[PDB]
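Beneath this line is the structure, given in structure tokens, with notes to follow.
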Amino acid sequence: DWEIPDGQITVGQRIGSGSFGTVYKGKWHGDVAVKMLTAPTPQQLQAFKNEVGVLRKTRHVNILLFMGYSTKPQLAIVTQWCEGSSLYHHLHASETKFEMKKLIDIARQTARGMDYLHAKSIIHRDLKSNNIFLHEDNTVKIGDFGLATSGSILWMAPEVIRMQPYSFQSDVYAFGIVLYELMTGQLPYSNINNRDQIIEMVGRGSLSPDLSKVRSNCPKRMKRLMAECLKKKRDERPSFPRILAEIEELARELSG
Ligand SMILES: C[C@@H](NC(=O)c1ncnc(N)c1Cl)c1ncc(C(=O)Nc2cc(C(F)(F)F)c(Cl)cn2)s1
């Protein structure tokens, strides 16, 4: 069992509040991060066990290392502490300009982690550049840092907006949107004023990311893989084994 006894974790500075919990930087055999959740509902009790039950089946370098959980005194999830910023903070706030060599490496590590999740039959359900942490500004760490559960429509597939929806291809579309941010430095649909139409237009199949805003030095394989990841039909979107294979081969083309 991975239950951490009460009294071992030294809760420290608060990292950021949410509508569903708060996260602190704790001390527990080193630097750790603890997300603690007044009265737990039967849903919150199950939602906590679902998030821990998913993190228990993860043991990969590109996935945030789950370390333990606690029920006393509060429902908590203990993970490793990583320094740096998320990919959304690098490309759309800090404006960190990466070499094309490193942009492919960030996409490669992201595809490696997404490949490992699908092997374990795990759907991320909320893959975005904000949930992609750059540990030491080098290693990609995939997690779910959402503290409210929905301001994350740019990464939602058309079939996810049309409630009939989470699948491997829905995560592939999110990965395709992340590729758009990497190759453009901007979020999709930046020229749209409100989000009412973005929900309606993308769900209707008449709004797609303008694939001409990509940088000049973007390889032709990245433009083709990004387009296939953004197909409106789910069955026309590839699987991450095929996605990772073409990126790792493309990556070896840049290293001399
Ligand atoms: C305690 C808190 N840790 C931090 O926030 C943090 N960690 C490192 N460095 C920092 N600076 C910070 Cl601030 C977290 N508890 C659970 C987290 C999580 O990702 N759960 C999760 C993961 C997956 C995945 F399988 F896709 F990965 C899925 Cl599918 C669904 N849920 S994250």
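Numbering, chain A: per the PDB entry, residues 449-485, 488-599, 614-628, 632-723 in sequence. Whatever order the structure lists them in is the order used to number ligands and atoms, beginning at 1. Going by what the header records, the deposited coordinates were determined by X-ray crystallography, 3.2 Å.
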Which protein or nucleic acid chain has the most heavy atoms near ligand 1, under its name in the PDB entry? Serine/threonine-protein kinase B-raf
Ligand 1: which of idelalisib, vebreltinib, tovorafenib, salmeterol: tovorafenib
